[PDB]
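Drug bound: 9-cis-retinoic acid. Macromolecule: Retinoic acid receptor RXR-alpha.
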Amino acid sequence: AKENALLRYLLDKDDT
Amino acid sequence: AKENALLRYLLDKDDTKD
Amino acid sequence: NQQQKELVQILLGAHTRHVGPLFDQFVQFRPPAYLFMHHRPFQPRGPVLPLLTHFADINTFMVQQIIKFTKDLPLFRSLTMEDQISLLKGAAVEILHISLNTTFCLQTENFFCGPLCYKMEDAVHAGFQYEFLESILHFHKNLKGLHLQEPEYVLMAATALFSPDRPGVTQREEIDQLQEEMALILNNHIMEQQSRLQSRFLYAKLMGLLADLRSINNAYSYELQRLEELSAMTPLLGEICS
Amino acid sequence: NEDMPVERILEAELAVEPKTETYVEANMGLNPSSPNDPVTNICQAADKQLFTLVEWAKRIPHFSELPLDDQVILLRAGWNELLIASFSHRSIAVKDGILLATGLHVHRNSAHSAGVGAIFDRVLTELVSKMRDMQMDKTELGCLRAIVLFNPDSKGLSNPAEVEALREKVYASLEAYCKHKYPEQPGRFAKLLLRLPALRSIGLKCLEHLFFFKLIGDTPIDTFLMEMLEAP
Ligand SMILES: Clc1cnc(Oc2ccc(Oc3ncc(Cl)cc3Cl)cc2)c(Cl)c1
Ligand SMILES: CC1=C(/C=C/C(C)=C\C=C\C(C)=C\C(=O)O)C(C)(C)CCC1
């Protein structure tokens, strides 16, 4: 799936 | 809702069909 | 308490009298010959019209049987006529599946109604959406996994019947009472029948399932349109969800 | 603690209340350019909270330990029910209306004039009006939403079983909290769950209106909200 990524993106760094 | 008449027909009509 | 055991008694009877045996009667509606077998194959060009027609016929039959069912419920027929419509239109289909589930078999995922055996293929071949049907096989596999008892099945049905959020109603407060009353009894019956089937959150699961029915029902009104013929074939089902 | 520490759920709820500030720019003047369309305001809000929603889920014990694919799946699956349940519980305070995470209010009539009454009205009686009555707390709220989040039936899931089990744990943790914090309320647990079915229909109707408003153009819908509305 090359769509529905901003979700994925945000699910990869809530640490910061 | 104005519509729904088959339903109304069905609710009352006494069952035994005839 | 006591008046409850009475209500359940009332329901159970209305149910066993009007719907419990609706499945054996499916042979009255021109079921295509194959449906009598448990192993096919079928004709890739074989007229689908007959099968679709059958699906519409058994549903009409099931909805009118479900109505006769509600008529045997004083608590129900004791509501505004237009209120009874909104509850029927809102839960007829839902009650149908809760009741149809008793014919569903897990080892085969097939529906067994009398001499007949309804497989998932049949529905797809009939024209319904795979996604939709898949959501239906899911509901049934789930509900059947909980190994419910006859009192819990009808109890779950009545909890769906008396739902306030159902569009079109008016005596919401009046109906809401019936539901909350219906739920308590359902839970009570569960609790007073502890472990060794448990799955404990059995009441928590049925509430899940009542939610899944919601989605499934929300899909019917959608399928009817995407299929022209059907609508005409079965006016009643078209009225119920329209 | 017990895999689903009711203690961590209420914190996840308290991390993204929001809590403070979010309602100072909406209930204290603002709005760059202009915004009076209830539907649009609701849509900008939903896009806003769609982010806090990601934060949330992450703090729900065990969520983040699931495969990346699964998290995306579960969040795609119930974002609207989760979002609705939250703003509806935040609205327990307001009169005939809801309080959007941006600070703006929306009342019964405004929704009607926007043509979204009915679905808005049932939110008010099936969710807010109901949460108010039994005074459900942020812990219970978070527990229902968690339940909503862990749905084994979403398609594509890597491990339906894991998702199944986690959900059953929230059931356990919640039933417990209820039997405790509210002993004089025997059926509270069950009364809480009764919301689920109604929350589902509302969810379904909100998606319908949403898809309609998307095709018609107008009433702009920020990204993310747009990325969740691409037919599941
Ligand atoms: Cl006994 C039995 C009955 N139905 C079965 O399958 C179906 C088929 C279609 C459907 O949706 C619809 N069904 C009928 C109509 Cl008229 C409209 C829709 Cl949307 C719901 C269930 C199976 Cl597998 C067994
Ligand atoms: C209820 C409702 C709608 C849908 C809202 C959705 C899907 C999410 C809202 C999130 C908010 C408002 C979150 C918050 O602020 O916390 C629409 C627009 C169709 C119209 C009015 C009723």
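Chain naming here is simple, since letters A, B, ... match the order of the sequence lines and numbering starts at 1 in each. When a ligand or atom number is given, it counts from 1 through the structure's own listing order. Values below: every heavy atom of this structure, side chains too, minus hydrogens, waters and symmetry copies. Method on record in the header is X-ray crystallography, 3.0 Å.
- Here, the model contains 9-cis-retinoic acid as ligand 2.
- With a cut-off of 4.0 Å on heavy atoms, the other chains touching 9-cis-retinoic acid are D.
- The entry attributes the source of chain D to Homo sapiens.
- The overlap between the UniProt all-trans-retinoate-binding residues of chain D and the residues with a heavy atom under 4.0 Å from 9-cis-retinoic acid is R90(D), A101(D).
- Looking at chain D, most residues touching 9-cis-retinoic acid fall inside the UniProt domain NR LBD.
- The UniProt annotation of 9-cis-retinoate binding in chain D and a heavy-atom cut-off of 4.0 Å around 9-cis-retinoic acid together pick out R90(D), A101(D).
- Residues of other chains with a heavy atom under 4.0 Å from 9-cis-retinoic acid: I42(D), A45(D), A46(D), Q49(D), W79(D), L83(D), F87(D), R90(D), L100(D), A101(D), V116(D), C206(D), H209(D), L210(D).
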